[PDB]
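Below is one structure, written out as structure tokens, with a few remarks after it.
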Amino acid sequence: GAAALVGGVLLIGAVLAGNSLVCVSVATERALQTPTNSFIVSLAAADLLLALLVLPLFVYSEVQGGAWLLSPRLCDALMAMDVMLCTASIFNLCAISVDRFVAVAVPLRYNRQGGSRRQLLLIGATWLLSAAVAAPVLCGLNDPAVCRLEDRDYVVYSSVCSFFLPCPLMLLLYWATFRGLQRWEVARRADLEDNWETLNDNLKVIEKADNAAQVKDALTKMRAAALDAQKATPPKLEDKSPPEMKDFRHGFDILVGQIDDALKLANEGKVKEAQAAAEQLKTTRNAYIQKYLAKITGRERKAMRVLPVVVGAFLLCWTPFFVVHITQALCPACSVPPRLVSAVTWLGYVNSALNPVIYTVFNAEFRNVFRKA
Ligand SMILES: CNc1cc(OC)c(C(=O)N[C@@H]2CCN(Cc3ccccc3)[C@@H]2C)cc1Cl
Ligand SMILES: CCCCCCCC/C=C/CCCCCCCC(=O)O
Ligand SMILES: CCCCCCCC/C=C/CCCCCCCC(=O)O
Ligand SMILES: CCCCCCCC/C=C/CCCCCCCC(=O)O
Ligand SMILES: CCCCCCCC/C=C\CCCCCCCC(=O)O
């Protein structure tokens, strides 16, 4: 009993603190405001809701040796929430894989600034779907001194719908996505990184230049780097002929054109004007260039490194739970030691504390936002 209490309090504390720190960090920091991180916030919410609505009465139950002394309707409420929040977590890991696959497979360019908010819409769908899976639990599925899902048909249904069916689908999509990105990565990575650096560095030289000569020299180096980068063809388009190739180079053509206009200004000694033109180059790079540079240099694939770790931890933490529960539901005679049933439940809930740690260790932006304690 004391161990359930101690472990339980620590668990609830860790989930609340870790996941709130994630939510607030995506809130405070512009560098964490990305499409992927919308889902990460959603997952954090699921874990916060778990710590607030489910874990306390779960811990209380465990201190009372598994006994349930409260009403059966409250039990039904708790179990529906339990099922929904577990399902929401999984469906959101699924949604990330669907979102990232579409981002990689379907390059889009918008006229208007900003995102489409399609991630928000997908996240909303994810939660409604999870509620749909969980909804029958609220209507009362049990035949009573314990709080368990006794309906064997329902348990098989949800085990399949919430876990054994989405997990293979999500693993296939993550795999296609990573393979998809690899195809965009140029062989001569270091050369393109050099070009990218020459661009970003000299933009900074231009901002703090003392005179027109320095601005002109920097612009000249940018021009050279832009033209070099324009020749770095990803393997995806290497088998293409001079359509697709028109899209790729066109961005660099706009950039060089703007650099040329800026050079004329710098050459005439119009430093202020040349500097303002260099700032408009920053926006062009963001529009037609920067997203594709990060893809073709291998940076976007690198930034996705944290996702397999999150998925891996989830599978590690929840696979025993679902194997135990579907086995029981399929085969009453397949007697699982109550002690093990309890163990795999704790392991499932411990996952809700792990993700903040995983981000901090395995994702650069979260890690850097952390490291400035
Ligand atoms: C997403 N699919 C499921 C999820 C479940 O729990 C997360 C369960 C489940 O059986 N949960 C039981 C029911 C109650 N829960 C522990 C608990 C929570 C709150 C108060 C007391 C006990 C247990 C882990 C079953 C399914 Cl099919
Ligand atoms: C059951 C625990 C271990 C299973 C973890 C599952 C990992 C989910 C992600 C799968 C996609 C492949 C990820 C492998 C590293 C990236 C590959 C690459 O860079 O091309
Ligand atoms: C790729 C499959 C991952 C399987 C699930 C991983 C579970 C996550 C648990 C956290 C362990 C953290 C310790 C790792 C330290 C090494 C980090 C590093 O080398 O960069
Ligand atoms: C600001 C990041 C959002 C998450 C906040 C942190 C949540 C709890 C994590 C802290 C536990 C730290 C465990 C040690 C790993 C960090 C070490 C490192 O930075 O490399
Ligand atoms: C996606 C993660 C990996 C999944 C692991 C494999 C899942 C296996 C789960 C089901 C095994 C339970 C079946 C045992 C009783 C079956 C009754 C019978 O044989 O008639």
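Note that the numbering runs from 1 along the sequence shown for the chain. The header says X-ray crystallography, 2.0 Å. Only this structure's heavy atoms are used, side chains among them; waters, hydrogens and symmetry mates stay out. Just follow the structure's listing: the first ligand is 1, and inside any ligand the first atom is 1.
- The drug observed at ligand 1 carries the PDB name nemonapride.
- Ranked by contacts, the top partner of nemonapride (ligand 1) (the one with most) is named in UniProt as D(4) dopamine receptor.
- Nearest protein heavy-atom neighbour of atom 20 (C) of nemonapride (ligand 1): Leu78 CD1, 3.6 Å.
- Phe321 CZ, 3.6 Å is the protein heavy atom nearest to atom 8 (C) of nemonapride (ligand 1).
- At the shortest separation from atom 17 (C) of nemonapride (ligand 1) among protein heavy atoms lies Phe58 CD1, 3.8 Å.
- An N or O contact shorter than 3.5 Å links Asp82 to nemonapride (ligand 1) by distance.
- Each of the atoms 18 (C), 19 (C) of nemonapride (ligand 1) lies under 4.0 Å from some heavy atom of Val54.
- Ligand-side atoms of nemonapride (ligand 1) in range of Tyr349: 15 (N), 16 (C), 18 (C), 24 (C), range being under 4.0 angstrom from any heavy atom.
- Note: an N/O pair closer than 3.5 Å links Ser158 and nemonapride (ligand 1) by distance alone.
- Listed by number with element, the atoms of nemonapride (ligand 1) under 4.0 angstrom from any heavy atom of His325 are 10 (O).
- Using a 4.0 Å heavy-atom threshold around nemonapride (ligand 1), the UniProt transmembrane segments of chain A, numbered from the N terminus, that qualify are 2, 3, 5, 6, 7.
- Near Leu149, meaning under 4.0 Å from one of its heavy atoms, nemonapride (ligand 1) places the atoms 10 (O), 25 (C).
- Ranking the protein heavy atoms by distance from atom 1 (C) of nemonapride (ligand 1) puts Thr87 OG1, 3.3 Å first.
- Numbered from 1 in the order shown, with element, the atoms of nemonapride (ligand 1) that lie under 4.0 Å from a heavy atom of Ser162 read 1 (C).
- For nemonapride (ligand 1), the atoms closer than 4.0 angstrom to any heavy atom of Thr345 are 24 (C).
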List below, pair by pair, the N or O atoms of nemonapride (ligand 1) and of the protein that are less than 3.5 Å apart, including the distance to 0.1 Å; reply 'none' if no pair qualifies.
| residue | atom | partner | partner atom | Å |
| --- | --- | --- | --- | --- |
| nemonapride (ligand 1) | 2 (N) | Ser158 | OG | 2.9 |
| nemonapride (ligand 1) | 6 (O) | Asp82 | OD2 | 3.0 |
| nemonapride (ligand 1) | 11 (N) | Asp82 | OD2 | 3.0 |
| nemonapride (ligand 1) | 15 (N) | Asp82 | OD2 | 2.7 |

